[PDB]
Peer 1: 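Below: one structure in structure tokens.
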Amino acid sequence: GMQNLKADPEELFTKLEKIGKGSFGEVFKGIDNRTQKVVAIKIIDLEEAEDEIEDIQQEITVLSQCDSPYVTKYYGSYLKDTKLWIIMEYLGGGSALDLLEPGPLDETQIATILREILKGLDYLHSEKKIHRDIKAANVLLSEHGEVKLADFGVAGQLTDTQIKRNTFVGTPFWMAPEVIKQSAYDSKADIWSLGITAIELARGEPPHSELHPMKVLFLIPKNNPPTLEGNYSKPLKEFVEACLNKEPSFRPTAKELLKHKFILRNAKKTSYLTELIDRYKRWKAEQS
Ligand SMILES: CN1CCN(CCOc2cc(OC3CCOCC3)c3c(Nc4c(Cl)ccc5c4OCO5)ncnc3c2)CC1
């Protein structure tokens, strides 16, 4: 099971104020009392959240096996009475979805964000892991513009005896057709979700965003794949099209997409993304 579970978290960390909800539990800011670095603490009431427990175990397992600058760093899991503390690196720049709220991105920002997402997917997929919930809300940034994949709550693991998954998980607007159909699928599902995320970064919202999620559960397998419509560069449109193939084996790998024209021509230093982070802080501060 979970061999490296720890105890007595408050000997090592200080729990500070609530900073969000992780659907499983609450998320708190915290301090590593050893380094004085800020951490993010997700507290899960084990007494309450009873059948997502197998998902909790899954999230912990996957995280404890990841070591990448492009994946939210995992400190450890701590048992404390009826509570499980999952302690991770704090990322202060908000999510990519947050950064969209004040207005449109330009294609340099879109490419920069996508390139780092792609480095994350390359890492995960090389580790036979599948994120299965790629969307802007699960892409978090440090206050200086580093970009990491977050929320491994439904991440899947492939093995020598299980080469495909088939579980119905993810977020409907971003889900690949084969996942909705619960066919046998793999990392190529993440590549479809990446394509929807590209549209989301460009347009602000995924295709079908105004419809009830249950509707899209039939629309996505039925309809032709979405395309990126509007006045965007040809390489961006082709990048999206490449990802959004109904046939999974025809989608490129993350490795391959890192050499796409759109990425090569437009991605720049992640530090430039602090402009976006500042735009959000400004916007959020004057929001009524
Ligand atoms: C103007 N600003 C307001 C302050 N803000 C800081 C952003 O704060 C976070 C919030 C987190 O919680 C998430 C809840 C789900 O949506 C995304 C935000 C962070 C986070 N969450 C987290 C997730 Cl998603 C999954 C497992 C976890 C987690 O914490 C420990 O275990 N992780 C890291 N940093 C967070 C910072 C800036 C803008």
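Heads up, chain A uses the PDB entry numbers, so what you see runs 12-299. For ligands, and for the atoms within them, numbers begin at 1 and follow the listed sequence. FYI, side chains are in, hydrogens and waters are out, and symmetry mates aren't considered; it's all heavy atoms of this structure.
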Peer 1: Drug at ligand 1 - which one is it?
Peer 2: saracatinib
Peer 1: State which chain has the largest number of heavy-atom pairs within 4.5 Å of saracatinib, named as in UniProt.
Peer 2: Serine/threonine-protein kinase 24 36 kDa subunit
Peer 1: Where, in terms of UniProt domains, do most residues of chain A that contact saracatinib sit?
Peer 2: Protein kinase
Peer 1: Counting only heavy atoms, tell me which of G104, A148, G103 gets closest to atom 5 (N) of saracatinib.
Peer 2: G103
Peer 1: Determine, using heavy atoms of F163 and all atoms of saracatinib, whether some pair is separated by less than 4.0 Å.
Peer 2: no
Peer 1: In saracatinib, which numbered atoms sit nearer than 4.0 Å to a non-hydrogen atom of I97?
Peer 2: 30 (C), 31 (O)
Peer 1: Is saracatinib close to any UniProt-listed ATP-binding residue of chain A, that is, with a heavy atom under 4.0 Å, and which ones?
Peer 2: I30, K32, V38, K53, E100, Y101, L102
Peer 1: Heavy atoms of the protein only: does one fall short of 4.0 Å from atom 9 (C) of saracatinib?
Peer 2: yes
Peer 1: Where is the nearest protein heavy atom to atom 6 (C) of saracatinib: which residue, which atom, and how far?
Peer 2: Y101 OH, 3.4 Å
Peer 1: Can you report which non-hydrogen protein atom sits closest to atom 26 (C) of saracatinib, along with the distance?
Peer 2: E70 OE2, 3.6 Å
Peer 1: Nearest protein heavy-atom contact for atom 17 (C) of saracatinib: which residue, which atom, what distance?
Peer 2: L151 CD2, 4.1 Å
Peer 1: Give the residue, atom name and distance (to 0.1 Å) of the protein heavy atom nearest atom 7 (C) of saracatinib.
Peer 2: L102 O, 4.0 Å
Peer 1: Does the protein put a heavy atom under 4.0 Å from atom 13 (C) of saracatinib?
Peer 2: no
Peer 1: Can you pull out the closest protein heavy atom to atom 3 (C) of saracatinib? Residue, atom name and distance to 0.1 Å, please.
Peer 2: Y291 CE2, 4.9 Å
Peer 1: Under 4.0 Å from atom 23 (C) of saracatinib, do we find at least one protein heavy atom?
Peer 2: no
Peer 1: List the closest protein heavy-atom neighbour of atom 15 (C) of saracatinib: residue, atom name, distance to the nearest 0.1 Å.
Peer 2: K32 O, 3.7 Å
Peer 1: Checking a contact table here: which protein heavy atom is nearest atom 31 (O) of saracatinib, and how many Å away?
Peer 2: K53 CB, 3.3 Å
Peer 1: For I30, is the nearest heavy atom under 4.0 Å from an atom of saracatinib?
Peer 2: yes
Peer 1: Applying a strict 4.0 Å limit to heavy atoms, is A51 in contact with saracatinib?
Peer 2: yes
Peer 1: Using heavy atoms only, pick out the UniProt active-site residue of chain A nearest to saracatinib and give the distance to 1 Å.
Peer 2: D144, 9 Å
Peer 1: In this structure, which residues build the binding site of saracatinib when a heavy-atom cut-off of 4.0 Å is applied?
Peer 2: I30, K32, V38, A51, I52, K53, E70, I97, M99, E100, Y101, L102, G103, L151, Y291
Peer 1: Contacts table for saracatinib: protein N or O within a distance under 3.5 Å of ligand N or O, distances only.
Peer 2:
{"residue": "saracatinib", "atom": "34 (N)", "partner": "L102", "partner atom": "N", "Å": "3.0"}

